[PDB]
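The structure appears right after this line, and notes come after that.
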Amino acid sequence: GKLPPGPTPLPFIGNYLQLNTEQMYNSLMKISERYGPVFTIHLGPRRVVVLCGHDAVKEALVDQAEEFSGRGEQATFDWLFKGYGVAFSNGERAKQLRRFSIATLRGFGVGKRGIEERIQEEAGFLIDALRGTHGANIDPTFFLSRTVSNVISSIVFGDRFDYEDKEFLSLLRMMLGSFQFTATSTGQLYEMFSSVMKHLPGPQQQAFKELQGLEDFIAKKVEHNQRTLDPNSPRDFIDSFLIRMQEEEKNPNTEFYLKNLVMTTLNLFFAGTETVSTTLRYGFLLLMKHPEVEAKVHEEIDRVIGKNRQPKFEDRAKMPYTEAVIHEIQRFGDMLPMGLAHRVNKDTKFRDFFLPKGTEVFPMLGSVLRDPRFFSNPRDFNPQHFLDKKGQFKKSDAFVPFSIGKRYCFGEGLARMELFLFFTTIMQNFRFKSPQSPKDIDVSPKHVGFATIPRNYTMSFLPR
Ligand code: HEM
Ligand SMILES: CC[C@@H]1C(=O)OC[C@@H]1Cc1cncn1C
């Protein structure tokens, strides 16, 4: 009846001394090279259990999937959410807001023809945008996020933002900034020492500012929607939820009230924007570093699709190389290295170890994506990871950027279809040029913390 081994914590600071807040993953991966695939850490006051490799992670989150289905803290987002919404909540609230969210996204056609024709249409609205930069050197950052956010916006708001909207440019700035903070040294020190640091001046404060800015906005769309509602036919995600808040007024235990609504919508709007767009911004850089991979994707396009029409999402079965490249950007790029934290919601026996009720769990998603048993060159960019000798597509149990188990990314379906199309559609129209030689492109991360962020680069989209 004892915890997993680990370095001796100090009082209050925990294992501050053996942790590099500038790369948290490598610090935790060094400790496991010494203790094992399951060890115990303290980030400040918080006792965490950290899981390493495909085996540790799968047996935790899938084989005992119920007991590891809790949610732990991300103190940056916990300052805003306070345990409300679909993503950062626990128990009876998590199961209801999740059950309702999946059912509703399917209403608006996630992984269906509706959202296909929305993405397909927005993808062309971006093609125009990039054909009108005329080959000149740009930052791809806010072009991509604009386009990516517009898909999720259609679902949650009822329609899209205009690309010329000054206030829209602002909301995307608020996501990029709050998100990049979680990845920085101070971001990872804030995980450790939130209790103190939320009252101290510093970068943390600028990130509450933008979080606060984001909530405000969403709560202004909830007001406008609320007063102009039509109870017998819904326009968007907010409306459907409003319709369920009415029906649930007689029930005092309901999880469908104003604050849960507002929080769950931000979960969706924030996640539908910054994780598919970073993945693309990373993927472009990885394509200009690897020109022989770019040329091969282009060729698979012209023979399967051509130049005339617009790529669908079933054009995908006849495209094994391009679908490998997209899985390999997703695995190399390593979006959320430690995932969202979990928690055991009751006393738990796991592998001879004991985990008390409320124990926090770090499922290292990045160490599965770099499990050397499943990948032959774990830290190189090789699309042959996702192919066999006959050139067809090879699924891997260690491809887990979207997590596994009971609290896994229900936004995975939307994201898969978005990635395929955006990537195919852009590269069907343009080839990418860098202002620097392929041997001189630094494809290593700028910040790695809660997210993996790629470095800054300028680029050209010149037509074919
Ligand atoms: C490449 C893009 C994306 C990646 C790599 C990604 C990855 C992840 C990961 C690792 C989790 C953690 C789940 C856990 O607790 O174990 C997660 C959760 C979540 N994701 Fe995504 N995600 C992406 C895009 C999206 C999109 C487009 C949406 C919008 C519908 C979304 C919505 C969510 C939500 C609501 C959760 C919380 C689930 C819960 O706590 O029940 N994600 N995602
Ligand atoms: C930026 C934090 C995001 C949020 O508020 O809701 C969930 C989320 C974390 C996340 C999950 N999938 C993508 N992201 C960025």
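Counting from 1, the numbers follow the sequence of the chain as shown. Start at 1 and go down the list; that is how both ligands and their atoms are numbered. The figures that follow rest on heavy atoms only: side chains count, while hydrogens, waters and symmetry mates do not.
This structure shows the drug at ligand 2 to be pilocarpine. The chain forming the most contacts with pilocarpine in this entry appears in the PDB entry as Cytochrome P450 2A13.
Of the residues that UniProt lists as binding substrate in chain A, those with a heavy atom under 4.0 Å from pilocarpine are the following: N267. Counted by heavy atoms under 4.0 Å from pilocarpine, the UniProt heme-binding residues of chain A that qualify: none.
Lab note: binding site of pilocarpine, heavy atoms under 4.0 Å, is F77, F81, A87, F88, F179, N267, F270, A271, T275, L340.
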